There are 2 protein chains.
Amino acid sequence: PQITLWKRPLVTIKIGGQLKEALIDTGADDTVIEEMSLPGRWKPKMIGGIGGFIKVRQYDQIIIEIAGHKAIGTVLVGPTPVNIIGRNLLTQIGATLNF
Amino acid sequence: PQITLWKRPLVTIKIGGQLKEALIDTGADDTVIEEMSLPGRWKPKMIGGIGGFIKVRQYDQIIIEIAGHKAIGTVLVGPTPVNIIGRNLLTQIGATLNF
Ligand SMILES: CC(C)(C)NC(=O)[C@@H]1CN(Cc2cccnc2)CCN1C[C@@H](O)C[C@@H](Cc1ccccc1)C(=O)N[C@H]1c2ccccc2C[C@H]1O
């Protein structure tokens, strides 16, 4: 598929048995998901946005399905205002920017 | 070109006649550049992302070259951690996401 940039590039994802909407974000190094109760162990992390840092829980080896394509990797969970799919997972689905 | 996402998608820009490096950021609604002197009138604005808000100067109708492609549009200037090319200018240069 191709996604234009007139509007925020939102897609459906599946994570932890739930469907959500998420932003395809080439500027994000990491994937950040809104607060949800994912199972198992996690590690504390702080991550920086344009405005400063927030506290998140780092979960490793988490499977996400992104617009029908699987990715496995690290997912950060915390109080983000949007679900963000970052480069760590976008590479796995073969996503590119083109112009 | 076609840009993969294993590294940050950094490109060279020209703004106010000066070369800078900037991040292609599909998760950014707007374009924000680190503090610099820029010709034109501006108006105060606030933008928010992860971590909160920053105060910026909004410059309308600014000529900017992005990886050799011309755009003319709104450029925000302020204490962003990195120079960011957002959707307002990515649309101008014809950028799409593909997977
Ligand atoms: C891993 C994490 C998500 C924390 N990364 C970021 O936030 C990075 C931070 N770097 C910086 C950094 C910080 C620390 C270390 N390395 C890099 C700058 C680039 N952002 C990526 C942005 O695309 C993130 C989005 C998130 C968002 C989208 C919609 C609404 C709220 C939040 C973002 O901040 N977008 C905002 C945005 C951005 C620019 C201009 C205007 C606007 C408005 C809004 O679209």
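Read the sequence lines top to bottom; their chains are A, B, and onward. Residue numbering in chain A adheres to the PDB entry, whereby the residues present occupy positions 1-99 in order. The numbers used for chain B are those of the PDB entry, and the residues that appear cover 1-99, in sequence. Per the header of the entry, the method used was X-ray crystallography, 1.1 Å. Reckoned from all heavy atoms, side chains included, excluding hydrogens, waters and symmetry mates. Just follow the structure's listing: the first ligand is 1, and inside any ligand the first atom is 1.
- Bound to ligand 1 with the largest number of contacts is the chain that the PDB entry calls Pol polyprotein.
- As PDB records put it, the drug at ligand 1 is indinavir.
- Going by heavy atoms, the other chains that come closer than 4.0 Å to indinavir (ligand 1) are A, B.
- With a 4.0 Å heavy-atom cut-off, indinavir (ligand 1) is reached by no atom of A/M46.
- As deposited, there is no covalent attachment of indinavir (ligand 1) to any chain.
- Of the candidates A/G48, B/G51, B/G78, the one placing a heavy atom closest to atom 6 (C) of indinavir (ligand 1) is A/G48.
- Residue-level proximity to indinavir (ligand 1) for B/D30 is carried by backbone and side chain together, each with a heavy atom below 4.0 angstrom.
- If you check each of B/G49, A/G86, B/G27, B/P81 against atom 32 (C) of indinavir (ligand 1), the one with the closest non-hydrogen atom is B/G49.
- With a non-hydrogen cut-off of 4.0 Å, the residues around indinavir (ligand 1) amount to A/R8, A/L23, A/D25, A/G27, A/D30, A/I47, A/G48, A/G49, A/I50, A/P81, A/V82, A/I84, B/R8, B/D25, B/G27, B/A28, B/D29, B/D30, B/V32, B/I47, B/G48, B/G49, B/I50, B/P81, B/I84.
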